[PDB]
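Numbers here simply count residues along the sequence, with the first being 1. Start at 1 and go down the list; that is how both ligands and their atoms are numbered. The figures that follow rest on heavy atoms only: side chains count, while hydrogens, waters and symmetry mates do not. So this one's electron microscopy, 3.5 Å, going by the header.
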Amino acid sequence: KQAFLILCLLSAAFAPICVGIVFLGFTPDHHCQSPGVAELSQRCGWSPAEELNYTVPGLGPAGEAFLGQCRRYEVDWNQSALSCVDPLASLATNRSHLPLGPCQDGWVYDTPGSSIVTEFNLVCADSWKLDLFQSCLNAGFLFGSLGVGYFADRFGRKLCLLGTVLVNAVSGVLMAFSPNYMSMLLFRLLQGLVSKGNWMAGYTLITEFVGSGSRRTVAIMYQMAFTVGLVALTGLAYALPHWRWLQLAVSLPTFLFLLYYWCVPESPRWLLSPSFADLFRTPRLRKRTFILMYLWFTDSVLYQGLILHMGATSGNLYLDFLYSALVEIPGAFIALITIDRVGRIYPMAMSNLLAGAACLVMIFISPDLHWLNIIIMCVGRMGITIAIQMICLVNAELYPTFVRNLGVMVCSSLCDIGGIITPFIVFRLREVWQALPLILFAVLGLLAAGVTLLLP
Ligand SMILES: CN(C)C(=N)NC(=N)N
């Protein structure tokens, strides 16, 4: 189906943009680059795993990995007077007493490729800027979910969608060529503006075309196109290690889509009072609005939360991610079936409870049981996927046609606000205690579970 394919491609191409940070911006293990260590290593013959025993701050209670990652012994490594057995025994009565400094001269990264982290040195004190990368995108989303309606009111639909697709394709391509963090964040923001606009527009068009009976099914099929997008993201990120190659390979298809769309007649897609206060005027409607806002926020937070957490902590990222993407499909069938069989409130509650429990269990798990961790992670991802499917319908059902679209605009803006807050909770906060983010996700999931039961 051409008329179906041309929109599902525009859904599948959105997933590499939203989640791509997990592959464009991994943080590999690193230590302070150390001038003269290469010379002393050449003299003494230290192998890669051996040099880190003698040339980096040692681990201890409470890890001390921060010292290894962000400090270095200020030793005169050029000295041939140093012992090749262990130079630090020649220099101090105890290693603890050596002079220590910051990595003034550079960084060494254990990867054959590169990521934005490795390429702009977003390590140690700079590491917040990495969360600033995903935050700028979700800020683009927030400005999109509100400004796109006004724009499309003031600018013609065909012109609007042509513009936003061209700008998405270009800005995504140009991001690969950004030479500095400022320009990269600006392209990330422009793409944040236009990507959600395109995604919502394509969704609207596909649901406007398909008959009202099949429309509901086609919505879930359009979601599953996102999962196929995640699978493609994994494949490309495995074939193309350097983040620029990946960014081009991700962006190009949306460019070629315009070279296709212009070459053949596709005009029907574009050719074919509400007030914010009225969403709150009455206490029951107001309460339901608050609940839907909360649940959209919670599921956004948990979805990006689990994906970024996995990106930050998984030991076999590519298969830990592949086996997680391919779980949304069974999740989609479980959703569609259960929606038809017994409704939507009980599934949305149970699936949020399942997500909360899965997050909580990941606190207690012994992490060497990688096979258990990946299973619980999959159970969580399935849960939050089913909940997102359910709430996409429930947010239509609980608002009347007089305000339904404004309710969607609100809820989506709440999702984008959660997308803005989630990164700093996942990374910039995780350095306090690795349980913390999972405690938050557990609490959020359990509350979303309990709160859900109040909806009619
Ligand atoms: C993570 N976000 C906000 C998405 N674009 N995807 C989704 N289906 N919610």
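Going by UniProt, the chain with the most contacts to ligand 1 here is Solute carrier family 22 member 1. In this structure, the drug found at ligand 1 is metformin. The deposit lists the origin of chain A as Homo sapiens. UniProt's transmembrane segments of chain A, taken in order from the N terminus and checked for a heavy atom under 4.0 Å from metformin, yield 1, 5, 7, 11. The binding site of metformin (heavy atoms under 4.0 Å) is made of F14, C18, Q223, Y303, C415.
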